[PDB]
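Consider the following structure, which contains daunorubicin.
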Amino acid sequence: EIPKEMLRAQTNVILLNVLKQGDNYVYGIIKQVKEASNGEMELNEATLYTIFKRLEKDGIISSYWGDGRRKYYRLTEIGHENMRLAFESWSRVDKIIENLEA
Amino acid sequence: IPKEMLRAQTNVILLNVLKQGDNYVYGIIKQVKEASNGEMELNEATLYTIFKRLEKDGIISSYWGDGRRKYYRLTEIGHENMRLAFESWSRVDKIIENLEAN
Ligand SMILES: COc1cccc2c1C(=O)c1c(O)c3c(c(O)c1C2=O)C[C@@](O)(C(C)=O)C[C@@H]3O[C@H]1C[C@H](N)[C@H](O)[C@H](C)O1
């Protein structure tokens, strides 16, 4: 079994990395992820929009419009910084664990 | 760093400790302190809080071994969950790298 809180986290990481590659709109994101996952992850629009409201509510991402009009989502600098801390944070965890194996 | 994220990390480390072998609270705090070379000094209360949840979820059990000490064990479900979870997160790493090919 896997904690649902944990799959929700993974999906967040993947999404944030997509915007890290560059700004994008929802349909392009699921497509990009569906491809990169070779088909195992078909994200549903409804739950995905639900997640993006939280991130914008956290200022981690912003949104805007551009044409063929589509609403694009941007990785904010605050989002950029948080991702750095998180990866650096999680990097220390991997080191803690490796030491434990001694 | 999200406090939510530190609790997850703290959970991962503790479980990886018990994967090394059954242990008691002060032994676990010591092992983590050493493995982090002093950067993570967990207080007794936080482990009890976390272990109460894990014991209730069947992820760990406890037992008295001797000079009395309360030992904590990672159950079979816990091992499987750690296995499944680590497999899970490994899949994410590929999805992301594929995104960079994209
Ligand atoms: C891109 O880095 C991240 C950025 C933000 C959040 C995260 C992560 C992240 O990498 C991450 C994980 O790698 C892992 C987890 C996680 O929550 C995050 C993030 O939240 C959860 C996990 O600890 C389990 C088993 O629950 C396993 C996994 O670590 C992997 C690699 C470790 N070296 C260790 O072997 C562990 C058991 O599995």
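Just so we're on the same page: letters track the sequence lines, and every chain starts at 1. According to its header, this structure was worked out by X-ray crystallography, 2.3 Å. Counting convention: from 1, in listed order, for ligands and their atoms alike. The figures here come from the full heavy-atom set of this structure, side chains too, leaving out hydrogens, waters and symmetry mates.
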Quiz item: In this entry, what is the main binding partner of daunorubicin, named as in the PDB entry?
Solution: Transcriptional regulator, PadR-like family
Quiz prompt | Contacting chains for daunorubicin, heavy atoms below 4.0 Å | solution = A, B
Quiz item: Quick one: which daunorubicin atoms are inside 4.0 Å of a heavy atom on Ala85(B)?
Solution: 25 (C)
Quiz item: What protein heavy atom sits nearest atom 34 (C) of daunorubicin, and how far off is it?
Solution: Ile97(A) CD1, 4.0 Å
Quiz prompt | Heteroatom proximity flag, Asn16(B) to daunorubicin, N/O under 3.5 Å | solution = no
Exercise. Return the option from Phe87(A), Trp89(B), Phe86(B) holding the heavy atom at the smallest distance from atom 22 (C) of daunorubicin.
Key: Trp89(B)
Quiz item: Among all protein non-hydrogen atoms, which one is nearest to atom 1 (C) of daunorubicin, and what is the separation to 0.1 Å?
Solution: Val13(A) CG1, 4.2 Å
Self-check item: Top protein contact for atom 24 (C) of daunorubicin, by heavy-atom distance
Solution: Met6(A) SD, 3.8 Å
Quiz item: Is atom 29 (O) of daunorubicin in close reach of the protein, with a heavy atom under 4.0 Å away?
Solution: no
Exercise. Starting from atom 31 (C) of daunorubicin, find the nearest protein heavy-atom neighbour and note its residue, name and distance.
Key: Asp94(A) OD1, 3.7 Å
Quiz item: Heavy atom of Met82(B) under 4.0 Å from daunorubicin?
Solution: no
Quiz item: Under 4.0 Å, heavy atom to atom, what does daunorubicin touch in the other chains?
Solution: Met6(A), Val13(A), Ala86(A), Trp90(A), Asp94(A), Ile97(A), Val12(B), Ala85(B), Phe86(B), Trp89(B)
